[PDB]
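Looking at a structure with caffeine today.
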Amino acid sequence: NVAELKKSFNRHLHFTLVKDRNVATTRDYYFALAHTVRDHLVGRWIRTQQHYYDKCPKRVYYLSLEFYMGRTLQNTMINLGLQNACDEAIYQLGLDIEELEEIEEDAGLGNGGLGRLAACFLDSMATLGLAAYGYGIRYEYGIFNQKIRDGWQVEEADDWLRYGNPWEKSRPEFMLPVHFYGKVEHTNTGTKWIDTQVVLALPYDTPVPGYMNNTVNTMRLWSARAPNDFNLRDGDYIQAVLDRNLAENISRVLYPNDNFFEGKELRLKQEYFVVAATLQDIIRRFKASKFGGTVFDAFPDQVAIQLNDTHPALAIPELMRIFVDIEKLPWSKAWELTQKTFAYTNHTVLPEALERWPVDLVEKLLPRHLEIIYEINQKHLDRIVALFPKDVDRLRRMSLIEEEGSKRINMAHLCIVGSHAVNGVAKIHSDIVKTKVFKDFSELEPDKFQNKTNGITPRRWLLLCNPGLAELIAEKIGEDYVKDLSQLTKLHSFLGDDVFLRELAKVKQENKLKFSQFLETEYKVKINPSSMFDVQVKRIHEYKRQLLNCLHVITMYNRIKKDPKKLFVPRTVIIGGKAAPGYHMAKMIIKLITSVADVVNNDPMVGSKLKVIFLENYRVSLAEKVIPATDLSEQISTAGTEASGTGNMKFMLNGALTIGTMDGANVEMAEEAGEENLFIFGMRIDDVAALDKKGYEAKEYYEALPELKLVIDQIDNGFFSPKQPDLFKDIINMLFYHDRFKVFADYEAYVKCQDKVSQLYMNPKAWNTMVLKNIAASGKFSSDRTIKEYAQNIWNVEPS
Amino acid sequence: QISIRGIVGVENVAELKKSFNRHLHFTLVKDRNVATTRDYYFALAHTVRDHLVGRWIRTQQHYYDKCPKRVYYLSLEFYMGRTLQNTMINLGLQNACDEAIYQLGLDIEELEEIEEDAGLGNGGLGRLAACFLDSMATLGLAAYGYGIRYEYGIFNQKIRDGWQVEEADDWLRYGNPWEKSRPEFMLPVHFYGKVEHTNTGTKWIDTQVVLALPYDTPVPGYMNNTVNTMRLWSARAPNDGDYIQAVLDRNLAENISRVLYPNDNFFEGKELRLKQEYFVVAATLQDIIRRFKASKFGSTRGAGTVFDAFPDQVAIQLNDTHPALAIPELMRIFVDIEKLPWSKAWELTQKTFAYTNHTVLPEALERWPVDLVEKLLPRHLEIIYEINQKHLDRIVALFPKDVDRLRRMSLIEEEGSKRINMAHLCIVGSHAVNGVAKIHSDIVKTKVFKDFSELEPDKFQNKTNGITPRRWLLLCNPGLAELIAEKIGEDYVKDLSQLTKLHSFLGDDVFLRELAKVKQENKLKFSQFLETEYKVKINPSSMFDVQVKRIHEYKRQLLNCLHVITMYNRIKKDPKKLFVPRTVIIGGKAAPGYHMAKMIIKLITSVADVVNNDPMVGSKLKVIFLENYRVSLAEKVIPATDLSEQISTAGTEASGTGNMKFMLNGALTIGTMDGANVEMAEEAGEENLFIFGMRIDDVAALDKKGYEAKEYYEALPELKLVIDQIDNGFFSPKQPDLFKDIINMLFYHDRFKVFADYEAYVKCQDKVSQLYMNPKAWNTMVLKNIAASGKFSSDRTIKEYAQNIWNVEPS
Ligand SMILES: Cc1cccc(Cl)c1NC(=O)Nc1cc2ccccc2cc1C(=O)N[C@H](C(=O)O)c1ccccc1
Ligand SMILES: Cc1cccc(Cl)c1NC(=O)Nc1cc2ccccc2cc1C(=O)N[C@H](C(=O)O)c1ccccc1
Ligand SMILES: *Cc1c(COP(=O)(O)O)cnc(C)c1O
Ligand SMILES: *Cc1c(COP(=O)(O)O)cnc(C)c1O
Ligand SMILES: CC(=O)N[C@@H]1O[C@H](CO)[C@@H](O)[C@H](O)[C@H]1O
Ligand SMILES: CC(=O)N[C@@H]1O[C@H](CO)[C@@H](O)[C@H](O)[C@H]1O
Ligand SMILES: Cn1c(=O)c2c(ncn2C)n(C)c1=O
Ligand SMILES: Cn1c(=O)c2c(ncn2C)n(C)c1=O
């Protein structure tokens, strides 16, 4: 097999890259290897499509505006069982596979957790043999490349397709028209949506290999193209051709907002674009099937469509439009079938994230969908009036339309009424969703609302990113854990095995040494090998409280400066993440962190006790490097704000201990591992509510806590910005008068908890014993467990 | 060519079938149960490209190892057409691929018809570049084509309510299996900014950057081991406000390579066009210099790289003035970047460049406003001014008392808005200037650039155009190619002058019938196409009378239309009188902004409607406006043609190349003594062409006298009738005034003297009809045309450029 891989590599270099080795580039070698690897899954890819056609399993369609896929080469090698043989083949060719792997651009087609969940799910669904396709947009530009210039974030275009993508296949044959604008006529042959502008949707297919099985599923991503046909309704010829750019702009760039709604028309076009192309494709495949007594009675027995957040909410009225206006089904039948087809996953309760589209905007762009939405709402409110004749406010609360001045469509409400199942993403969150946020809806339909706790794939997030740990675990308990991560509980038998604990520590140490080389190469800071790696990587947000971590960094710095001879447990503090470009406070927080880092790293009285890195361009491939090197994972969102989290799970699986609040899935991590094996601190959700009731006065904490006062005064008075002493005035103002996330209220408990972490870190046996308990309890957080639950309780499909 | 018989030939076919199936599977990722005809086309295309990779690599190695002098053909246009069949033929793989595809149960014609034209040109100029690439590869020259990878080539033409409409030519929609992107050779191109004159010298600063990403297409020689390269540049925004809008605004940089300017023989001074011209020049020159420095002739001294040997290792041909900015750009690189003394840099520049002039029509001449150039390319304006100053200083020295000569010879047109005469820039910056046919090159030398050729009497040359006999005989007319080979062997393909051996069959009635049979087969096949696309019943015994070329006043499709109406009126006047039946086909694109050309199309379609539907005419006369004329369609209609219409006003068509294609493929020519028509008459004998009308001196005499169109209208009853019908609404009854603009032009503003050639043209046409009634005489004349067409091989043309301009040797 090694010999044939080398032969295949050389054939691709020659015929595919059209290069003699004398003038080949590193990129050429990457592409030759990529093609060699892709070739190994084509047979199963084709045979999987045949199998689904032949056997007609119910299909699952995961519809998302985001797929945060990272790099594909190593993941594909691992899932096909080819990694070791490819490593050896490339070595024999006089190359280094790790160098080739670094050439590949991330498919950064998402913002954070939501998009990464979609990615993990694809992997899990393929590994479980489900007839599942991911449907999304092939953005020409993904999440921006982040650079730091003078300590500030600057954005560069993520031109990930510049040199091509060997992991996609365009299928222009399957191109479909999407309509916009136009007008509606209610004719005696049905409602017609006419005089529209057309944009074509060209699909690109990327293979999704199951881990060591026969399944290769598909991620189909749509790209926007201008139509070619002359219309009699049709100026400068050259400008007309250039203006084709306007249609093509629909798939140009991912909106870089994490947990934040921006009601831009282009974003609405993206949402409808993906929905319209996807539903047409699904219906085409259904009609071509052996199920293709009218045509669509079997549709929800053959089709499940999962809505990833409310971003593809328009799928609901689009399916109704197709059923009623095109296929001529009665409204009642169409609506029955629609509800049985769709399920909706809610990912946040933060109000700034909620999608509320102005009715005037929807009327202009999608007049027929607005009609359909108004009719869904009418039939919905008619029911509520029937059940609660007197409750006028309940009608207001439950309407899909918010009438308060500027009328807006509540897309979450649309998703709830149009779906048979609604789930949150962690127990704490799903409860809030059910019993608070959508109380009025769950009361009327109790069985609709569910929980499906998030998860992560142990292929990318253990086998790939941490082969040392994966190997060590395999050596002790075999490799069944890869496909059933609950098998990690067997590691509990090795508590008290001191040789094993040393082996476990050595794996972490090797990871840290490797990541330290990266850090020294990229940042030219000298890393203390014996320091605790204290890491907070996630999107920059007020709710995630990178700011709270920064206060702790400054607290540590001041303690060292005040007592230089005192025992200090050394740390490398790493904070990274992107800020949404329009998010002013997040950008200020990045500048604060880089400003602190500059002072701390260059103070000769501090030296190797404490180094601070703002980790630039945080993304999936970089997550894979830092996570395995981490000792302490920071998961410190205000209680009630992080729906689940998944970075938390990645760190747990990779041998880090967690400092965190009782928020999102942190709560379930504590349940699985034991609360005493996490560093839990701070206000619980009820404590936060009590402070809201009483009223939050940040000044009181600043006055009462001397260490906080010095930290805040330093920030406020130019200690970290001597050339611009008032630089951080907006942060200070926010902290004292507009802090929705109560940073000062958790500061004391946070610092005391951090003190306990440092104490435990001085005791390697105790530390590593606690680590083992975390790894051994991490099995619940496999996305294979998550997908099995969706399959059984939402989609009604069986792993195969 | 590769055998399909015996042990080895069976294996050749077997390997091709295996490769096809491998590509369908691994490349297209399709089970045959779901494969489309397009999938099969791509699987074959990939297979065929695989078969030239070895030679392509070994060609590059050979040029590196032996360092022959390289020829770089720099053009804004490469009108390449389809590549699959051309490549199969040149590699000797057509028979084997045909057999493989047949054994797979597929129709290779259907697969071939899937391919989009690479329509990256407007007409003759762009197609000449394409023929040249084929010939340069066939002759083993170390030659690359350099151009722009337009996302959209020449628009697709449709006819709606009788008018041209344009659709975007989205030729890359399904991908291009021929090209290979080369990311690592990306180069920056600079725009705007300003010039700083400092202690360290002149710097061009504060510029905007656009990246140029090259894509390589293989250019296989006919039956040799050479595969040359066509490198086409694509514009990208650099890597490095509303964030979203900043990302969308990257479209502005990428717009530089978005679309081919669809003007044929017409200058439109648009800023985007100037950007295109600089883009291709800047990326190309950087790439050429990089290759030179990497070569065995690359060496460094105290200043750095010695460029002394540069013009011994590099020739750059400027296809028209479109890449004229190459001259000041090479000077900019030499002087500003490499720090060469101006004098030395200018000497090297002149020895490197040669310029081909393609037209003397004034509306075609590039004259860029200096203010536009100052804005976009401020350093190039400075360099152009300095070239002009030193140029005029020499003229002052030689002709101290001739002030008007300075005005005439300046690169700058000073009157009103100052403009740069790009032709003048090309002449002074080049060591050789050539026109494209004897008559044209003489006008260029002795009239248009008289002041320059007097000063430098050896600079000016002629290189008569040619066409490749691969695409334009072997490929498009296999029936004729086979017949010729049966009679005289297959050595004509590489030495087309061997066609004179066909004179052995003068008076051989068996051969003359064979020639007619080939034409008839072509006509029947093409008639099937016409009846599928058009509501017409084609008379299979009719003469196919064809005028296909871009729509222009100078090319006089309008004159042809007057003859069509004349024929119609004769039939109506005397329905029982004998009439030699014709199918009149006129085709070509109009530039979208060219009002008169668009009116002429509408006239032709309006006439067609009347003629085709008049029951008194019936099968005597049918008229077709052939839509979307382009290279692949030219390959179909040309071999089906009996009479080739080449009727430009004397002095206006620099050469023409359609004329040559028709001659090679067994049509007789009706034409004026213009461009290469004059040379076709020389080769075949003037008595074997239907030559008519004013010659160039007659046109000059009429200009001097003053042209009064109404005199012809009053003197020629048949013309009067035609014009009155057009003017009065006979061809536009629902809109009687529709053709007012055509009538006004013809009477008061006709620079091309349509009425002045009408009488001679119609009389000449009468002679054609008479000959067509005598198949033996007709086909005897055809034989004499085919037999004399050897001069018009572009292999002959390229050998002359090689010897007399580039100083390179066929290998
Ligand atoms: C087939 C082909 C066509 C165009 C360009 C390339 Cl890069 C390729 N591939 C390729 O293999 N090129 C060469 C192979 C060689 C093999 C042995 C010895 C020399 C070789 C040179 C090339 C080659 O194309 N070199 C390019 C060039 O001549 O354009 C060279 C390389 C680096 C900088 C400048 C030019
Ligand atoms: C690997 C792959 C992934 C996605 C799409 C395709 Cl077209 C391919 N290639 C492919 O060969 N697909 C199929 C092969 C089959 C072989 C035997 C029997 C049935 C097969 C079906 C497919 C296939 O993908 N068909 C598509 C589909 O299921 O998406 C089908 C075809 C035409 C209209 C609608 C759907
Ligand atoms: C896992 C992951 C996330 C989500 O992290 P959280 O801490 O749960 O917000 C975001 N970005 C990347 C690149 C990830 O891999
Ligand atoms: C050969 C050719 C031309 C040039 O034709 P002329 O009659 O010489 O102007 C123009 N267009 C196409 C498609 C051609 O093949
Ligand atoms: C709208 C949005 O991006 N929500 C995010 O979704 C992911 C995946 O469910 C959660 O882990 C995270 O807590 C939450 O902030
Ligand atoms: C500017 C331009 O396109 N000129 C054209 O060039 C071709 C190629 O030489 C000639 O055959 C033709 O007569 C001439 O009109
Ligand atoms: C105020 N604000 C923003 O303005 C913002 C954002 N994310 C993106 N943007 C622009 N978030 C989370 C936010 O709170
Ligand atoms: C007047 N005119 C035009 O306007 C024109 C053209 N070709 C393109 N355009 C726009 N020609 C040849 C022309 O003579």
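By convention here, the chains are lettered A, B, ... following the listed order of sequence lines. The residues of chain A that appear here are 23-256, 260-317, 323-830 by the PDB entry count, in order. By the PDB entry numbering, chain B shows 12-251, 260-830, in order. As the structure lists them, so they are numbered: ligands from 1, and atoms in each ligand from 1. Computed over heavy atoms, backbone and side chain alike; hydrogens, waters and symmetry mates excluded. Recorded method for this deposit: X-ray crystallography, 1.9 Å.
All instances of caffeine together account for ligands 7 and 8.
Of all chains here, the one making more contacts with caffeine (ligand 8) than any other appears in UniProt as Glycogen phosphorylase, liver form. The other chains with any non-hydrogen atom less than 4.0 Å from caffeine (ligand 8) are B. Residue, atom and distance of the protein heavy atom nearest to atom 12 (C) of caffeine (ligand 8) are B:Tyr613 CE2, 3.4 Å. For atom 8 (C) of caffeine (ligand 8), the closest non-hydrogen atom on the protein side is B:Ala610 CB, 3.1 Å. Residue-ligand proximity, B:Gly612 to caffeine (ligand 8), at heavy-atom distances under 4.0 Å covers atoms 4 (O), 10 (C). Heavy atoms of B:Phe285 found under 4.0 angstrom from caffeine (ligand 8) belong exclusively to the side chain. Interface of B:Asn282 with caffeine (ligand 8), defined as ligand atoms under 4.0 Å from a residue heavy atom, comprises 8 (C). For caffeine (ligand 8), the atoms lying closer than 4.0 Å to a non-hydrogen atom of B:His571 are 12 (C).
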